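Structure note - rilzabrutinib (bound form) present.
Nothing fancy with the numbering, it's 1 onward along the sequence. Determination method: X-ray crystallography, 2.1 Å. Values reported hereafter were calculated over all heavy atoms of this structure, with side chains retained and with hydrogens, waters and symmetry mates removed. Each ligand, and each atom within it, is numbered from 1 in the order the structure gives.
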Amino acid sequence: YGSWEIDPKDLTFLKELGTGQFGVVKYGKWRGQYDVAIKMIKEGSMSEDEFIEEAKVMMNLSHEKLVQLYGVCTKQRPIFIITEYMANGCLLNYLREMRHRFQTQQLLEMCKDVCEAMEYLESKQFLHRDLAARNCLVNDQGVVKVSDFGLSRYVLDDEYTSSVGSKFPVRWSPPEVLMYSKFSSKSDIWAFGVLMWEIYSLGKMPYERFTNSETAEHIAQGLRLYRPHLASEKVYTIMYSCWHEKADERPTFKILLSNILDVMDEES
Ligand SMILES: */C(=C(/C#N)C(=O)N1CCC[C@@H](n2nc(-c3ccc(Oc4ccccc4)cc3F)c3c(N)ncnc32)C1)C(C)(C)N1CCN(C2COC2)CC1
């Protein structure tokens, strides 16, 4: 039909995985052989014309630390987005689960995994726009991968897209996004910094004592996240470097990967 198009007849819905961001998610089999997860893009939530075209570029993205996109179902409604099944679910839950007693080595490995994915997205000039622990997925092997990337681009409800919106990710946003709606590679850098904080805080909510509007106010005025207990000074420096007020002074994802690998070597 199209190169990435999947025939819905090749799919079979088996289990409920819950409601995800921008759609219902189900576990199933593709061609009765491969384990897949299917996100059904809620009808009318997206600007379908633009969304279908941008999905083609999205599908061409290929990386080990990006959630593997098998195909799409764009000829019917709701639109399906078919991906690999990530058995350990969302990273936020994986972090919060108290039966998991993490070592900092494992927490730094999670940061590397995402930083590799984000370095790749940066090399393709493809912005995530909503990087967080709730968005990241974990497979059966404990490898973290990035997911829902670029998916906020064409959400029709202004409460999700507007910097002053009620469902906007204020706590993962830099001052230039909150004040001026200015997204770039450096807004992804800021968010990754907050994600590092989330990881090292074992899934704690950033700026938890403040509401979203209170947080928005305090970020613009110079508030930055404190050092988590599990974060060493060197790890804190890395996540803190992501939060320069001036966007151009923030590092690239290449530089952040180099910083993480340096710490990894000394950490051993
Ligand atoms: C996280 C959940 C928990 N516990 C959690 O695990 N998940 C929420 C339910 C759906 C789960 N899930 N989603 C996918 C999946 C993601 C993305 C896509 O499509 C795209 C689109 C663009 C680029 C890449 C991928 C398809 C999918 F199928 C899963 C996969 N692949 N495997 C396994 N599980 C998947 C994720 C938390 C943070 C606790 N949770 C709380 C409730 N939240 C809803 C309330 O508002 C949202 C969801 C987030």
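To find every copy of rilzabrutinib (bound form), look at ligand 1. The chief contact partner of rilzabrutinib (bound form, ligand 1) in this model is named by UniProt as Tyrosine-protein kinase BTK. For rilzabrutinib (bound form, ligand 1), the UniProt domain of chain A with the most contacting residues is Protein kinase. Counting protein heavy atoms under 4.0 angstrom from atom 45 (C) of rilzabrutinib (bound form, ligand 1) gives zero.
Checking atom 6 (O) of rilzabrutinib (bound form, ligand 1) against the protein gives a heavy-atom contact under 4.0 Å.
Atom 49 (C) of rilzabrutinib (bound form, ligand 1) is never approached by the protein to below 4.0 angstrom, counting heavy atoms only. In terms of protein heavy-atom proximity, atom 39 (C) of rilzabrutinib (bound form, ligand 1) is closest to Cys90 SG, 3.3 Å. Not a single N or O atom of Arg134, backbone or side chain, sits closer than 3.5 Å to an N or O atom of rilzabrutinib (bound form, ligand 1).
Per the entry, the species of origin for chain A is Homo sapiens.
At the shortest separation from atom 36 (C) of rilzabrutinib (bound form, ligand 1) among protein heavy atoms lies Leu137 CD2, 4.2 Å. The nearest protein heavy atom to atom 41 (C) of rilzabrutinib (bound form, ligand 1) is not closer than 4.0 Å.
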